[PDB]
*Asks:* 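To start, I am sharing the structure in question, which I have written as structure tokens.
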Amino acid sequence: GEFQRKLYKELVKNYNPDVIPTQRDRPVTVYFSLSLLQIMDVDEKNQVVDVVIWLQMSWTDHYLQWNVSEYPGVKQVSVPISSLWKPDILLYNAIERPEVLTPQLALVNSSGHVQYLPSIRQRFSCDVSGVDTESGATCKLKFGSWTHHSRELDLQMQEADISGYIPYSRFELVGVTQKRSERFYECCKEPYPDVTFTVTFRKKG
Amino acid sequence: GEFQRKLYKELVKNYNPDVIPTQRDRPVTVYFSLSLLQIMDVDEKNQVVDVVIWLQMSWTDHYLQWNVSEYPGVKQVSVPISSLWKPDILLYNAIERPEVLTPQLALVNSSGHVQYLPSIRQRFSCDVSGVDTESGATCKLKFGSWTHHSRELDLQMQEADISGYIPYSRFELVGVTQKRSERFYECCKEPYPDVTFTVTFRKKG
Amino acid sequence: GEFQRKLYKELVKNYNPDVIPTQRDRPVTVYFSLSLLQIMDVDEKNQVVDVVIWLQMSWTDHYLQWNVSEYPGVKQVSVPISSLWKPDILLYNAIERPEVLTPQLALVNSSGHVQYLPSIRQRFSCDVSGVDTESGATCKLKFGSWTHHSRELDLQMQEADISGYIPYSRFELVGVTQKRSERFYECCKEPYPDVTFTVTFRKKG
Amino acid sequence: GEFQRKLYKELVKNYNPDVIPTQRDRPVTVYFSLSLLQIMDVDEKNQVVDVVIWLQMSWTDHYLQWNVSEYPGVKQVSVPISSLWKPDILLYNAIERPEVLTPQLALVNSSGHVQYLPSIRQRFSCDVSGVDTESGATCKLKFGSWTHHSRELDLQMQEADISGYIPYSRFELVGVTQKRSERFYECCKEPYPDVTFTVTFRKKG
Amino acid sequence: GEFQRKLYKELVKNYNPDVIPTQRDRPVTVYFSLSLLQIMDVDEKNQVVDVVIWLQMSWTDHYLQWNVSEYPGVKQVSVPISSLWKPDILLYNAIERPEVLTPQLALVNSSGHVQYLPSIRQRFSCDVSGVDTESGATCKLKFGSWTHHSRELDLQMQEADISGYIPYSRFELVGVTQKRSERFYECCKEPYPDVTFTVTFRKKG
Ligand SMILES: *[C@@H]1O[C@H](CO)[C@@H](O[C@@H]2O[C@H](CO)[C@@H](O[C@@H]3O[C@H](CO[C@H]4O[C@H](CO)[C@@H](O)[C@H](O)[C@@H]4O)[C@@H](O)[C@H](O[C@H]4O[C@H](CO)[C@@H](O)[C@H](O)[C@@H]4O)[C@@H]3O)[C@H](O)[C@H]2NC(C)=O)[C@H](O)[C@H]1NC(C)=O
Ligand SMILES: *[C@@H]1O[C@H](CO)[C@@H](O[C@@H]2O[C@H](CO)[C@@H](O[C@@H]3O[C@H](CO)[C@@H](O)[C@H](O)[C@@H]3O)[C@H](O)[C@H]2NC(C)=O)[C@H](O)[C@H]1NC(C)=O
Ligand SMILES: *[C@@H]1O[C@H](CO)[C@@H](O[C@@H]2O[C@H](CO)[C@@H](O[C@@H]3O[C@H](CO)[C@@H](O)[C@H](O)[C@@H]3O)[C@H](O)[C@H]2NC(C)=O)[C@H](O)[C@H]1NC(C)=O
Ligand SMILES: *[C@@H]1O[C@H](CO)[C@@H](O[C@@H]2O[C@H](CO)[C@@H](O)[C@H](O)[C@H]2NC(C)=O)[C@H](O)[C@H]1NC(C)=O
Ligand SMILES: *[C@@H]1O[C@H](CO)[C@@H](O[C@@H]2O[C@H](CO)[C@@H](O)[C@H](O)[C@H]2NC(C)=O)[C@H](O)[C@H]1NC(C)=O
Ligand SMILES: CN1[C@@H](CC(=O)c2ccccc2)CCC[C@H]1C[C@H](O)c1ccccc1
Ligand SMILES: CN1[C@@H](CC(=O)c2ccccc2)CCC[C@H]1C[C@H](O)c1ccccc1
Ligand SMILES: CN1[C@@H](CC(=O)c2ccccc2)CCC[C@H]1C[C@H](O)c1ccccc1
Ligand SMILES: CN1[C@@H](CC(=O)c2ccccc2)CCC[C@H]1C[C@H](O)c1ccccc1
Ligand SMILES: CN1[C@@H](CC(=O)c2ccccc2)CCC[C@H]1C[C@H](O)c1ccccc1
Ligand SMILES: O=C(NCCCO)c1cc(Br)c(Br)[nH]1
Ligand SMILES: O=C(NCCCO)c1cc(Br)c(Br)[nH]1
Ligand SMILES: O=C(NCCCO)c1cc(Br)c(Br)[nH]1
Ligand SMILES: O=C(NCCCO)c1cc(Br)c(Br)[nH]1
Ligand SMILES: O=C(NCCCO)c1cc(Br)c(Br)[nH]1
Ligand SMILES: O=C(NCCCO)c1cc(Br)c(Br)[nH]1
Ligand SMILES: O=C(NCCCO)c1cc(Br)c(Br)[nH]1
Ligand SMILES: O=C(NCCCO)c1cc(Br)c(Br)[nH]1
Ligand SMILES: O=C(NCCCO)c1cc(Br)c(Br)[nH]1
Ligand SMILES: O=C(NCCCO)c1cc(Br)c(Br)[nH]1
């Protein structure tokens, strides 16, 4: 569409994806949740879990807003995430890079709200010695910004999902809880928030 | 050809491959089909299937059309798919990224119709516990746009293929059916279409 | 050389490597041959062969010619293949992308004749159930353009090679024959050519 | 922030990340330390250790400083490490490239001090034949600049860490020492510094 | 340094890394040597050797020289090898691409002499059936330009190294010799030089 093309032309003009879109010392609030689509494997010897997780991230970037009357009909645009600022959220437990299974695209609406929903295949470290018991194994998946404290990037939780779990995998999901925290570290004056998912599962065997 | 060179020079001038080529709120219709060239492996423990599939996608991009009388002789051009908009179609069942086996080129004709026919090696999740039975295992391969609803991208089916199947693999293909759906999701007002291929196969023994 | 530098400066100026260098509806003739340097492995379970093959491709690109009297001393130049048009030749039997073992460079002479001789490590599909028999296994390696028909790209065969075969591998090469064909496909009006190498080999044990 | 955006615009203008930011023949001092987060595996046959290590590097780049009164509020910025000069520090014992697990971002303050803290998964060569003894196996992890001698890049040590070690891995960390050295090599007039970590560990079983 | 920054700015201005820096039909002399740091593995079944080798390459590029009085203090610069012309030297025996373990940087001095010293992990083909004998296995590692004959690129040998060999690997290095040759091939009028390293080794038991 013609108004879409003009809209994209304006991004490349003025926008720097390296700059976190804070304003007036207000943080950028990033909503974060997770759906555990699969447990692919559990390596009992090496204390590693292999999962597919669907992350849901959303935030407002004030630099991405436009006047709906100046680009009529254009309600949302699909945009390569590499051309936007994105949260530098890291899974602390990860022992390999993530493999992103989905197109690397974000949805952005007229008031600059961005939705980025990557599905990833990820291996991470966890004590899984309980996995063949009734109790199962319980792993923590701690997520947080690598470089931004609470006054720059305000990580916030949202309602999660057991409904995406693939029923035919050889592990059953006993449950998932989630918790947001602020911690300090000896380096830095300001607190860093994290959102941690506690996941309990066991072998169907 | 000299007219070919002038024709390509015009693409780089006006064209943004990030923008879906809708016009007048009309969707872009994308025709989608599949030929299952091979079942390479079936991992019974991890519930994974390894295939080579040949996808056939085609759509019209109105920005790619030209006057055949102004570029005489030039009936179709071979073009890197990376310089065109392409459908963000995803295999929902995939547990790894696809490996594209074919040149990343599309054919485009004078009225802007694009053919993109990648062959991919792909591993995906499926309940394969039936694979050593007469009934075999039946897997769904659901394909759909990750970011575009029906009013932007109208996914449509076409005539599929058993004729490419490699006869000497250790799995025999019992059959393939296909089905198009529109579904809604709790988020979004507009429906997303998918095309799903149901594939039944079994070990030869 | 100083004349070499001026010669390269002229490529970047006028040349588009995406455009097949046909002229006056005449095809570009591409000469194609192969030397099978090694059979690395044969996977009897998965019906896969692992080889190193040395391809020899050559064609004339009329846009790459220059006046030898205007660039004196410059008889041929070594050029990154990515900055030239190259044939989009594909091994139809391949089940993984190729791994190129050689510098990605082509030789080009003053009348625009290009030599490109990549050595590749490649795994491909083949019925190898005969490999521990006197008859051995016989595999077809079919090569062809993915996007260009006979009137654009005229694929032509040349004299091949058993002399590069590594004598100490655990497979012996019984023989190699080669054949050029034209086929039609239901889509397209024009025929596509291929060059197929039939390779027979067996386990030494 | 608006002052943040103007600040980044000035980097791209004047700055070359290939140039080591020495001044007045003074070296760039790079502070270096390590936290050994995990021993993932030990390959006794191939004499290889697989670890995750968290490196802490910091240096001053005089070209990155700014006036705090001219960019009010802007105390530190998060920046892609690829757009800054970075130390070419190498783990001498490495037998594969590193896999970086963290966002490739550095913190930079107003006086051009840069903090870069990558976590890496890395396999390296070590005599591990002692690993199931009380004494354990003792490995050297020698780190140093690949191309800069002491008068250009002054590598300096800092206080290290056993406290990050994951308690549930099947190896226990006995102890870590660290040592800085200057050596000469027959080639070169100037000495090269290194920082070496000696790490002792053993199988728990 | 300020003079360093101006020096780099001049490279990007005038220099093309695709052009071999011959002058007055004189070849570019490339000095080549090798230190075999490790034998990682020997695959007896597939006739493959896995090594880490440290290559030492040096040549003069007349386009890289500068006046020391015009860039005072600047004696050598560390430069990404991708921004310089480099020899297209190939290990003829290689069955996989190399993995470069070192920063991809070269040293260049004021008279345009370039030092490039990559350490690589490389698997290559060799008859290793002797590896469990007193005699051991003897492999040839033949290195040479892929596209340049002797009158363009004059490959020359230098004094090599057993002193880097890791003492704790399960193979002992019996010896390494080296030899330079000129050969002709039926295609081409001019001879191609190579430098071959003969390496003898055996399992320690
Ligand atoms: C951007 O970030 C950088 C790094 O954090 C900051 O630069 C540092 O600034 C601090 C504070 O000014 C410096 O700390 C001071 O350093 C003095 C010199 O230290 C060096 O030299 C001595 C030997 O003479 C060594 O022992 C020492 O390890 C260093 O090599 C010290 O003398 C100071 O110590 C005294 O004051 C402190 C504070 O009151 C007392 O607690 C001490 O007991 C002591 O009496 C002091 O530690 C530091 O050197 C700088 N680091 C670097 C790496 O350069 C920038 O300030 C920051 N920019 C902005 C705008 O904030
Ligand atoms: C650029 O390279 C090409 C390819 O190497 C050169 O063309 C080839 O030149 C050979 C040798 O001269 C030709 O063979 C000759 O054919 C005639 C009969 O037709 C015969 O009299 C000779 O004995 C010899 O066999 C060959 O046909 C030709 N091949 C192709 C594909 O064009 C070309 O000369 C080079 N250009 C320049 C400017 O050097
Ligand atoms: C940049 O580094 C290169 C390589 O170290 C330097 O070139 C080398 O310079 C030395 C001393 O000038 C040369 O030695 C001389 O060689 C000649 C001819 O063979 C001989 O007759 C003399 O007795 C003397 O030994 C050396 O050959 C030369 N090497 C190469 C490969 O060119 C260069 O000088 C350095 N430049 C600066 C400014 O540091
Ligand atoms: C852009 O998207 C956001 C998020 O979907 C919309 O903001 C929400 O608006 C609804 C009420 O209309 C409420 O759920 C919340 O108050 C908002 N959510 C958040 C996360 O801020 C916003 O309306 C959209 N803008 C437009 C113009 O459509
Ligand atoms: C470009 O290709 C498309 C698809 O092959 C052509 O559209 C078809 O036109 C024929 C008319 O003979 C119809 O019967 C088909 O049903 C059309 N298909 C679709 C999807 O539109 C188009 O005509 C071609 N353009 C040119 C100039 O040849
Ligand atoms: C179609 N898709 C979303 C696409 C979208 O709007 C989107 C994409 C990318 C970024 C931002 C938004 C909208 C909500 C449904 C979802 C698909 C399903 O939940 C799903 C996802 C992953 C595995 C299995 C099933
Ligand atoms: C030759 N090729 C197509 C090439 C083309 O025109 C094309 C390429 C790329 C984009 C658009 C069109 C046209 C239809 C036939 C096909 C070849 C065979 O079906 C095949 C496909 C996959 C594996 C094995 C064999
Ligand atoms: C030296 N080299 C070629 C290099 C060249 O001129 C060339 C390179 C790239 C493009 C165009 C031409 C020319 C023909 C001989 C060949 C060497 C041997 O046959 C060989 C090839 C592959 C594996 C093992 C041995
Ligand atoms: C939050 N994070 C650092 C982030 C930061 O300031 C930083 C990042 C990148 C560049 C420069 C600075 C500061 C120190 C604490 C650390 C987190 C924890 O110790 C940790 C590190 C590695 C693995 C597991 C856990
Ligand atoms: C410090 N380093 C070289 C670094 C340099 O100046 C250099 C780097 C890159 C390009 C040109 C020159 C110079 C010669 C010594 C070498 C280190 C040692 O041999 C070594 C190599 C590999 C494993 C263990 C030890
Ligand atoms: O340039 C953009 N917004 C500024 C408003 C100018 O009217 C913008 C945001 C997104 Br998402 C795109 Br595409 N462009
Ligand atoms: O590992 C992560 N960060 C590194 C990015 C590439 O260097 C990461 C990001 C997200 Br979202 C997850 Br889950 N992990
Ligand atoms: O997984 C797919 N897309 C990922 C994009 C890169 O992150 C994908 C596309 C198609 Br067609 C298939 Br099958 N999978
Ligand atoms: O720019 C193109 N066409 C529009 C102008 C008509 O003269 C165009 C289409 C394709 Br396909 C290429 Br390449 N360029
Ligand atoms: O798979 C092939 N082509 C895809 C595009 C580049 O990877 C291919 C080409 C050749 Br030659 C072989 Br063998 N495979
Ligand atoms: O510019 C080139 N050819 C056109 C002729 C201009 O007089 C050219 C061909 C090659 Br190969 C290079 Br490098 N440049
Ligand atoms: O095969 C080599 N080069 C191909 C192009 C770059 O990947 C090569 C060079 C050297 Br030195 C070795 Br060992 N292999
Ligand atoms: O440009 C920067 N600093 C110089 C000040 C000129 O106004 C600079 C440093 C960093 Br980190 C960024 Br982003 N910009
Ligand atoms: O610019 C450079 N040399 C061209 C001649 C001007 O004196 C040059 C060489 C190297 Br290494 C760099 Br960085 N720049
Ligand atoms: O090998 C290293 N550097 C080369 C650049 C590409 O990997 C390296 C750096 C560090 Br820190 C480690 Br550990 N390895």
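Convention: sequence-line order gives letters A, B, ...; per-chain numbering from 1. We count ligands from 1, going down the list as the structure has it; atoms in each ligand are counted the same way. Values below: every heavy atom of this structure, side chains too, minus hydrogens, waters and symmetry copies.
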*Asks:* I keep wondering what the drug at ligand 7 is called.
*Replies:*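 The PDB calls it lobeline.
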*Asks:* Quick check: main partner chain of lobeline (ligand 7), as named in the PDB entry?
*Replies:* Humanized alpha-AChBP
*Asks:* Which other chains show a non-hydrogen atom at a distance under 4.0 Å from lobeline (ligand 7)?
*Replies:* B, C
*Asks:* Which residues lie closer than 4.0 Å to lobeline (ligand 7) by heavy-atom distance?
*Replies:*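 Sure - by heavy atoms, that gives B:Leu37, B:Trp54, B:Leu105, B:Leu107, B:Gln115, B:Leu117, C:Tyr92, C:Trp146, C:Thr147, C:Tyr185, C:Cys187, C:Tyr192.
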*Asks:* Near C:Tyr92, which atoms of lobeline (ligand 7) are under 4.0 Å from a heavy atom of that residue?
*Replies:* 1 (C), 17 (C), 24 (C), 25 (C)
*Asks:* By number and element, which atoms of lobeline (ligand 7) are closer than 4.0 Å to a non-hydrogen atom of C:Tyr192?
*Replies:*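 The list of qualifying atoms is 6 (O).
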*Asks:* Suppose we measure from atom 5 (C) of lobeline (ligand 7) to each protein heavy atom; which comes out shortest, and what is that distance?
*Replies:*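 The answer is C:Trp146 O, 3.3 Å.
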*Asks:* Could you tell me, atom by atom, which parts of lobeline (ligand 7) come under 4.0 Å of a heavy atom of C:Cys187?
*Replies:* 13 (C), 14 (C)
*Asks:* Under 4.0 Å from a heavy atom of B:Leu107: which atoms of lobeline (ligand 7) are those, numbered in the order shown and with their elements?
*Replies:*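 What qualifies from lobeline (ligand 7) is 5 (C), 6 (O), 7 (C), 10 (C), 11 (C), 12 (C).
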*Asks:* Heavy-atom contacts with B:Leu117 under 4.0 Å: which atoms of lobeline (ligand 7) show up? List them by number with element.
*Replies:* 7 (C), 10 (C), 11 (C), 12 (C)
*Asks:* Under 4.0 Å from a heavy atom of C:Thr147: which atoms of lobeline (ligand 7) are those, numbered in the order shown and with their elements?
*Replies:* 8 (C), 9 (C)
*Asks:* Which of the numbered atoms in lobeline (ligand 7) are below 4.0 angstrom from a heavy atom of B:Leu37?
*Replies:* 22 (C), 23 (C)
*Asks:* Just which atoms of lobeline (ligand 7) are under 4.0 Å from any heavy atom in B:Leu105?
*Replies:*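 Those of lobeline (ligand 7) that fall under 4.0 Å from B:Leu105 are 9 (C), 10 (C).
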*Asks:* Atom 11 (C) of lobeline (ligand 7): which protein heavy atom is closest, and how many Å away?
*Replies:*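 Answer, as residue, atom name and distance: B:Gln115 O, 3.2 Å.
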